[PDB]
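Contents of the following structure include halofuginone.
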Amino acid sequence: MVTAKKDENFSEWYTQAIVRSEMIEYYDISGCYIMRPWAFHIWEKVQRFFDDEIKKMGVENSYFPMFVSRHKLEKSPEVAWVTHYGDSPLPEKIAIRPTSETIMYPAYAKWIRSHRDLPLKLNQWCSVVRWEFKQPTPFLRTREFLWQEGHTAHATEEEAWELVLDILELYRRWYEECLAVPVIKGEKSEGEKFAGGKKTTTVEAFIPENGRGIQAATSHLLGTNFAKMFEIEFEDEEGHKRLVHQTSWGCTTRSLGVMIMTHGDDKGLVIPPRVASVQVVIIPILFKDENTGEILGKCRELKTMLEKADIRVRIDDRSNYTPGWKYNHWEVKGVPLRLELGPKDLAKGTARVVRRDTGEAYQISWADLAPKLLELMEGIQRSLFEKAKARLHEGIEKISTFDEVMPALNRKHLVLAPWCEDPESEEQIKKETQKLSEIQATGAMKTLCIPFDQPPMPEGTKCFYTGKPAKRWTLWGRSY
Amino acid sequence: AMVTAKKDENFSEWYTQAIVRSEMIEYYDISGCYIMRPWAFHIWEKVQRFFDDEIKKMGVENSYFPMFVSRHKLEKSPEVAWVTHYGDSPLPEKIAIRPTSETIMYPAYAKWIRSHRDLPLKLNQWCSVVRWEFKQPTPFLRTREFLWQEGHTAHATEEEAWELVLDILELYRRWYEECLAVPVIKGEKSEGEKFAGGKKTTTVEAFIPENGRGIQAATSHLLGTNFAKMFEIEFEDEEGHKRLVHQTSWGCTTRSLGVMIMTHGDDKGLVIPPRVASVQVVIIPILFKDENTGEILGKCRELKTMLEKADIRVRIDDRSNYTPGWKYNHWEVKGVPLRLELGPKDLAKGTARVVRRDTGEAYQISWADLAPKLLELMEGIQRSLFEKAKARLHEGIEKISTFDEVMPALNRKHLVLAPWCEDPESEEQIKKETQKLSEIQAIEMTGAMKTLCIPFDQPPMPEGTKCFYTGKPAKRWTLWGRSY
Ligand SMILES: Cc1cc(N2CC[C@@](C#N)(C3CC3)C2=O)cc(NC(=O)Cc2ccccc2)n1
Ligand SMILES: Cc1cc(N2CC[C@@](C#N)(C3CC3)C2=O)cc(NC(=O)Cc2ccccc2)n1
Ligand SMILES: O=C(C[C@H]1NCCC[C@@H]1O)Cn1cnc2cc(Br)c(Cl)cc2c1=O
Ligand SMILES: O=C(C[C@H]1NCCC[C@@H]1O)Cn1cnc2cc(Br)c(Cl)cc2c1=O
């Protein structure tokens, strides 16, 4: 049972939702959490979608070591260092991977020798470790987390940039098509991009209850800098030695946290049908032996028919729990549809179906069950996305001048503002907004992204902070 | 680009050449760790899909537990890797990288299990583990870091747990025999060889004829209640008394790829069974550089589309800057089970030439006949690969009566099946005796013979049969040999 209200104390609500639904368990090492099966099911679904999609692009999976030698990593950072095997010291300490550039690119330098070898497109599913001192949040910001990382090498910059954009569109689909979470595609600012690359692109999500943006996934154009550092070169069709043009990209189980925060309500989780391991739960109403074998035989009959429409169905015929307990259990876990079958329903040839997202109840004849449920699930998925998109739209304010910023931040909104893109000004804006928030008593505003979808920039439009010529419309807000 | 070491002359150099020249592995500067390149990883993906699909029907659910365990939870030093520092700062308590996840999972089991309604609890996880041994590593077979799955279940009764132990072991038999076409023997480990944390260890064992060695392929343990005692994993039963759960654990690793490589490979390189080959059919246009007109590649595309609508895994090697013969050798070293050749004559006849990797036999096939024919050939290659390997397994096991038969059989690079009293002291004695006799032989890996398993499939034990070593009453036929 969830008792905290989402719109009152959001942090207590989130903790309740993910504990009481059995998504997470705590662990004695700070910043690490156990991912229980109810959460892991969702990860498996988005992993299958993304993996299928990158394979059609020619990306192949691989597995590189979890350890990197001190002198290879440092070609200290907040990495976990292994210094001993048993009681014996290693002659050189080794780190646990925070990301695998230093592990993979020496191999790329060995494998790439001619244009015949390109493009090289690899991905791996693994976990990484970033041992930060700060407060962790389950799914969103943890010390160890699951994440794929893709790394590619190309003969030209244009082919690399094309892949960057293709991958970022896959991340838009991971969020919007699977998880029903709306995201904004954009470029990172110069101060916010990956330092080892040329251009970083991102999908950004918005959490209306605390007003914060959160980076959902990222796709980098690395250019040739790592090719220089690692000596990744190839002979072109005319004999000349050239540097490769690289990309890298990743997305994590943070996606699940964003889903939970987007669609959850006062009763617990709400799982979008496309990633629900159980789409429909059938609950036999058993009491005083009122037509028991009748009811359970019928439930089995219904499961088989729905499955023949590829609906993912679970009968909760466990005998150790009451029907009321089952209603609340599957509601807190977010199953899209609950189908109730009792003696009355069997006498009438119908089932009672309740939608998780809106609570609406439907009396459906057995014959109609499969097509109707399909309609409902399409309806649920679509409505989850559309409601979320409306909230995203209501949470962004277009502004012209800096004087509008603090009122907007106080409404827990993001701002879209014309910006000159000077890196000094982003540093100044972060400092000023933090100071102002402090005085009104994590308050800094930073750039979230420069969106791909740019409204026109009228000639003569001035930067909202510096008064210099504005270049592009930029999304700002408080953030994770 | 070609394998030159012969499998039956210098097996270790053959194995290294096969897995490097096929682009399955890459070396790494940290000893005992290797990079798993896509040609190998695809196979792992296929066996992972099979096993995952099968355990899900048993109600096992996947999960993910942390890779780290606190010093005081692991030591509830071992050969584990210890993290002692974040950046330059010491941890107040060092933490180990998981060598297996019992000490990470079972405290959560103790929290989750309170009543009989909570059972059975059935979890699995796919992850990597680390065992920092100082012995020489072998790619795929024995490494410091390896991918695996490990499953862990808890039950209200011993009979239910034992049923699951046996169901999982049958899945491991199918992983090897049905996916990888490797024959394995199901058996029970001896008291000295079982997992000390458990009551009974079952195994599937494989055999490598070229070096005469047995190798453990996968394992499934009946843990009993010992871990339930240690972690206080108890439940209130249907009548209200606290009871210990009965547990199982089981695991299988990428060692299964190394066993497959050693079982089917030949002097030309790898041979990949069709059921796990990421490319089942490579189409090689007989086309030379700057000669592409569109005729050959156009038909190659039409053929690939047709074959794919039969769910055949097809690749066209249309790479412009390699000759067709180079391509033939490339994909032979990689073990692609079927090569489809398409050149000018094939176009002029409406046929294609298909060559199977395992035997080299060639077939002329009409375009229209390709899809069913290739399906048939692949079923034939899989079956044949398995049936030849099973024959070698059978030729490699000698049934014996007395200890004096043992050294001759080991010198033929064979395993022995022998009646055994099952006394643990005698297995220690046999290991030492065979090691010393091997040493003396070698003057004029170790030579010790150990138990591999006590097979499930037991021939009758005639009344009065004596143990081949102690002369005491024999209990069960036991499989022994030199081992990994
Ligand atoms: C679960 C998760 C996710 C992510 N990040 C990063 C950006 C990214 C995106 N987009 C990655 C590129 C894919 C993402 O998801 C990052 C993290 N931990 C951390 O920062 C370390 C940490 C540990 C304890 C407290 C505070 C911080 N934890
Ligand atoms: C690749 C792989 C596999 C396996 N093992 C174990 C038994 C088992 C079986 N069956 C596991 C239960 C599943 C298996 O496969 C074990 C290993 N490394 C090691 O012993 C550590 C090591 C490191 C360097 C040199 C020598 C030894 N490396
Ligand atoms: O991890 C990255 C860059 C990219 N790597 C490939 C997957 C997508 C990802 O955005 C940035 N990054 C982030 N955090 C890090 C923390 C440490 Br500790 C180190 Cl050494 C290095 C890094 C580091 O390189
Ligand atoms: O890892 C095991 C027992 C079982 N765990 C679950 C998967 C199947 C597997 O056989 C035995 N084992 C093997 N090697 C180990 C190495 C170290 Br180091 C430690 Cl601490 C512990 C162990 C250890 O417990």
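Lettering of chains proceeds alphabetically from A, tracking the sequence lines in order. Numbering of chain A is taken from the PDB entry, so the residues present carry the numbers 333-407, 416-781, 792-830, in order. The residue numbers of chain B are those assigned by the PDB entry, with the residues present covering 332-407, 416-783, 791-830 sequentially. Basis for what follows: all heavy atoms, side chains included, without hydrogens, waters or symmetry-related copies. Ligands are counted one by one from 1 in listed order, and the atoms in each one are counted from 1 as well.
Every copy of halofuginone considered, the relevant parts of the structure are ligands 3 and 4. In this entry, more contacts with halofuginone (ligand 3) come from one chain than from any other, and the PDB entry calls that chain Prolyl-tRNA synthetase (ProRS).
Other chains with a heavy atom closer than 4.0 Å to halofuginone (ligand 3): A. Residues contacting halofuginone (ligand 3) within 4.0 Å (heavy-atom distance) are A:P417, A:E418, A:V419, A:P438, A:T439, A:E441, A:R470, A:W487, A:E489, A:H491, A:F534, A:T558, A:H560, A:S588, A:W589, A:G590. Residue-to-ligand polar distances place A:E441 within reach of halofuginone (ligand 3): an N/O pair is separated by less than 3.5 Å. Distances below 4.0 Å separate heavy atoms of A:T558 from the following atoms of halofuginone (ligand 3): 10 (O). Residue-ligand proximity, A:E418 to halofuginone (ligand 3), at heavy-atom distances under 4.0 Å covers atoms 18 (Br).
Among the atoms of A:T439, some N or O lies under 3.5 angstrom from an N or O of halofuginone (ligand 3). Every atom of halofuginone (ligand 3) with a heavy atom of A:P417 under 4.0 Å away is listed here by number and element: 20 (Cl).
Near A:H491, the atoms of halofuginone (ligand 3) lying under 4.0 angstrom from a non-hydrogen atom of the residue are 6 (C). Of all protein heavy atoms, the one lying nearest to atom 16 (C) of halofuginone (ligand 3) is A:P438 CB, 4.0 Å. In terms of polar-atom proximity, defined here as any N/O pair under 3.5 Å, A:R470 does make such a contact with halofuginone (ligand 3).
Atom 9 (C) of halofuginone (ligand 3) has A:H560 NE2, 3.7 Å as its closest protein atom, hydrogens excluded (heavy atom only).
Atom 11 (C) of halofuginone (ligand 3) has as its closest protein heavy atom A:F534 CE1, 3.8 Å.
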